[PDB]
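Consider the following structure, which contains DMP-450.
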2 protein chains.
Amino acid sequence: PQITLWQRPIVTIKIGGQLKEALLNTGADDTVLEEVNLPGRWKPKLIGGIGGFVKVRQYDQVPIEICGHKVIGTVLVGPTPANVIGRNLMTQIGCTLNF
Amino acid sequence: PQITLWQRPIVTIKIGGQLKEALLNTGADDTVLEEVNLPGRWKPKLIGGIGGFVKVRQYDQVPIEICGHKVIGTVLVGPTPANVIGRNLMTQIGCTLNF
Ligand SMILES: Nc1cccc(CN2C(=O)N(Cc3cccc(N)c3)[C@H](Cc3ccccc3)[C@H](O)[C@@H](O)[C@H]2Cc2ccccc2)c1
């Protein structure tokens, strides 16, 4: 499905059993989700960098589905003003920049 | 073209007569560029807003070159961690997200 950008690219993803919204942010290396409780282990990682660093929880192979696109990928879990799907995951679903 | 996303969508624009490095940021509403002595009139528009706001100069309908695509569009000028090409300037260039 082609998504014009006249509006903020916010699609729905299915994670940890729950349903949430997420912006297809390409200027994002990583994927950060608003506090959740994914099982499995994780590691603590720091992101941001401007204004200090924000620490979150790194998870791996955390299954995730995007617009029906079942996929697997690293999901940083912590405090973000809006759930965001970075390139790390966009590259796993086939998403490309086209013009 | 078809810009995959394993790397960061950095493309060579051509604003103000010079040549630059800009990141195609879908999650980005507007386009802000670190200093470019831009002619004509502008006006104060605060962007960002976390940890406080930030003032950049808004010059409307500004000509810009993006990968051989010539267009016109609002481009805010000021202190920005990187040169970003937001949705406003991606729509005008007919750029889309696909998967
Ligand atoms: N007009 C305009 C100018 C610049 C940027 C944007 C758009 N955004 C950003 O670029 N972000 C800040 C931003 C902007 C420029 C550089 C950086 N590093 C961050 C991060 C994306 C992000 C990038 C890199 C790592 C993690 C997250 C945020 O997660 C996104 O939701 C939006 C949300 C947003 C933030 C501030 C103001 C309005 C809307 C719009």
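The chains referred to below are lettered A, B, ... by the order of the sequence lines, with proteins before strands, and numbering in each begins at 1. Start at 1 and go down the list; that is how both ligands and their atoms are numbered. For the numbers below, each heavy atom of this structure counts, side chains included, while hydrogens, waters and symmetry mates do not.
The chain forming the most contacts with DMP-450 (ligand 1) in this entry appears in the PDB entry as protease.
Contact chains for DMP-450 (ligand 1) (heavy atom under 4.0 Å, other chains only): A, B. Closest protein heavy atom to atom 6 (C) of DMP-450 (ligand 1): B:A28 CA, 3.5 Å. Scanning the protein heavy atoms around atom 8 (N) of DMP-450 (ligand 1), the nearest turns out to be B:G27 O, 3.4 Å. Heavy atoms of A:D29 found under 4.0 angstrom from DMP-450 (ligand 1): none, in either backbone or side chain. Atom 2 (C) of DMP-450 (ligand 1) has B:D30 N, 3.7 Å as its closest protein atom, hydrogens excluded (heavy atom only). Annotation: atom 16 (C) of DMP-450 (ligand 1) to nearest protein heavy atom, B:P81 CB, 4.2 Å. Nearest to atom 30 (C) of DMP-450 (ligand 1) among the protein's heavy atoms is A:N25 ND2, 3.6 Å. The residues of other chains having a heavy atom under 4.0 Å from DMP-450 (ligand 1) are listed as A:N25, A:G27, B:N25, B:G27, B:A28, B:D29, B:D30, B:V32, B:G48.
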